[PDB]
**Q** 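Below is a structure containing saquinavir. Please help me interpret it.
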Number of protein chains: 2
Amino acid sequence: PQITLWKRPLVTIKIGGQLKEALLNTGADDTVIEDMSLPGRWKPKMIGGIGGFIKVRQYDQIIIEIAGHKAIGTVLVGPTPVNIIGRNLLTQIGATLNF
Amino acid sequence: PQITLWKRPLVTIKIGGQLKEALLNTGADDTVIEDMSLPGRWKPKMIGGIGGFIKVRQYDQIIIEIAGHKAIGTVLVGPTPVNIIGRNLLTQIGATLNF
Ligand SMILES: CC(C)(C)NC(=O)[C@@H]1C[C@@H]2CCCC[C@@H]2CN1C[C@@H](O)[C@H](Cc1ccccc1)NC(=O)[C@H](CC(N)=O)NC(=O)c1ccc2ccccc2n1
């Protein structure tokens, strides 16, 4: 689809067997999901942006369904107020910016 | 142009006669520019990043060129690791997300 940017580009994702709203985020390297349980091994990570850094749990090889499109990749879980789909997954979906 | 997201969507901007690089960010409402001098009066603003809130200087109706596209609008100035073009300006240059 073509998403206009008048409003937040929010989409419904599916991850860990749960439906969620998430922000399509071209300015995010990583995909960051509000704290939840995911299966498999994880390791700690520090990620930053405006306002400094938060500590998160990194899970690798995680399937996510993004607006109906399946993709697999690393997923970060932590204290974010907004679920964020970053470039690591937006590429798998073939998302581009156009103007 | 059509911009894939395998790398960071960095473009050149021109603001205050100065050339800078900035990040095209669909996940951001506002545009945040590293500390620089801009004409006119400014108003206060608190914005929330991933790491928490920072105080920034809000300048309105500022002329800014983004990848050869002219925009005039609100620019926030404050500590940021990266210049960020938010949706307020992305809509001015007709940017869309497509997949
Ligand atoms: C710009 C502002 C108005 C403050 N809005 C936001 O920042 C909103 C706030 C939302 C609510 C809180 C949780 C995050 C979301 C998404 N963010 C936008 C979101 O797009 C934000 C924009 C950004 C990019 C780079 C540097 C600073 C800021 N990206 C990010 O925060 C991602 C997080 C990540 N590790 O994936 N940061 C980065 O991808 C990134 C890039 C370069 C860096 C250089 C030095 C230090 C840190 C760096 N972080």
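A, B, C, ... go to the sequence lines in the order they are written. The numbering of chain A matches the PDB entry: 1-99, in order. Following the PDB entry, chain B residues are numbered 1-99, in order. If you check the header, you will see the structure was determined by X-ray crystallography, 2.4 Å. What you see below is based on every heavy atom in this structure, not just the backbone, and it leaves out hydrogens, waters and symmetry mates. Every number for a ligand or one of its atoms is a count from 1 in the order of the listing.
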**Q** Judged by heavy atoms, which other chains are less than 4.0 Å from saquinavir?
**A**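 Going by non-hydrogen atoms, A, B.
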**Q** Nearest heavy atom to atom 14 (C) of saquinavir wins, so pick from A:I84, A:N88, A:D29, A:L76.
**A**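 The option holding the nearest heavy atom is A:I84.
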**Q** Is it the side chain, the backbone, both or neither of B:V32 that has a heavy atom closer than 4.0 Å to saquinavir?
**A**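 It is the side chain that gets close, since no backbone atom is under 4.0 Å.
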**Q** Do any nitrogen or oxygen atoms of A:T80 come within less than 3.5 Å of a nitrogen or oxygen of saquinavir?
**A**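 Checking saquinavir against A:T80, no N or O pair falls under 3.5 Å apart.
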**Q** Of B:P79, B:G51, B:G48, which has the heavy atom at the shortest distance from atom 2 (C) of saquinavir?
**A**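 It is B:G48 whose heavy atom sits nearest to atom 2 (C) of saquinavir.
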**Q** If you measure from atom 13 (C) of saquinavir to every heavy atom of A:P81, A:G52, B:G27, which option wins on shortest distance?
**A**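 Looking at heavy atoms only, the winner is A:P81.
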**Q** Under a 4.0 Å heavy-atom limit, does A:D30 contact saquinavir with its side chain, its backbone, both, or neither?
**A**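 Within the 4.0 Å criterion, A:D30 contacts saquinavir through backbone and side-chain atoms alike.
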**Q** Quick one: which saquinavir atoms are inside 4.0 Å of a heavy atom on B:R8?
**A**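 This gives 41 (C), 42 (C) as the contact atoms.
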**Q** Give the residue and atom of any covalent bond from saquinavir to a chain.
**A**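 The entry shows no covalent bond.
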**Q** Give a table of atom pairs where an N or O of saquinavir lies under 3.5 Å from a protein N or O.
**A**
{"unit_1": "saquinavir", "atom_1": "20 (O)", "unit_2": "A:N25", "atom_2": "OD1", "d": "2.5"}
{"unit_1": "saquinavir", "atom_1": "20 (O)", "unit_2": "A:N25", "atom_2": "ND2", "d": "3.3"}
{"unit_1": "saquinavir", "atom_1": "20 (O)", "unit_2": "B:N25", "atom_2": "OD1", "d": "3.1"}
{"unit_1": "saquinavir", "atom_1": "20 (O)", "unit_2": "B:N25", "atom_2": "ND2", "d": "2.7"}
{"unit_1": "saquinavir", "atom_1": "29 (N)", "unit_2": "A:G27", "atom_2": "O", "d": "3.3"}
{"unit_1": "saquinavir", "atom_1": "35 (N)", "unit_2": "A:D30", "atom_2": "OD2", "d": "3.2"}
{"unit_1": "saquinavir", "atom_1": "36 (O)", "unit_2": "A:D30", "atom_2": "N", "d": "3.2"}
{"unit_1": "saquinavir", "atom_1": "37 (N)", "unit_2": "A:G48", "atom_2": "O", "d": "3.1"}
{"unit_1": "saquinavir", "atom_1": "39 (O)", "unit_2": "A:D29", "atom_2": "N", "d": "3.1"}
{"unit_1": "saquinavir", "atom_1": "49 (N)", "unit_2": "A:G48", "atom_2": "O", "d": "3.0"}

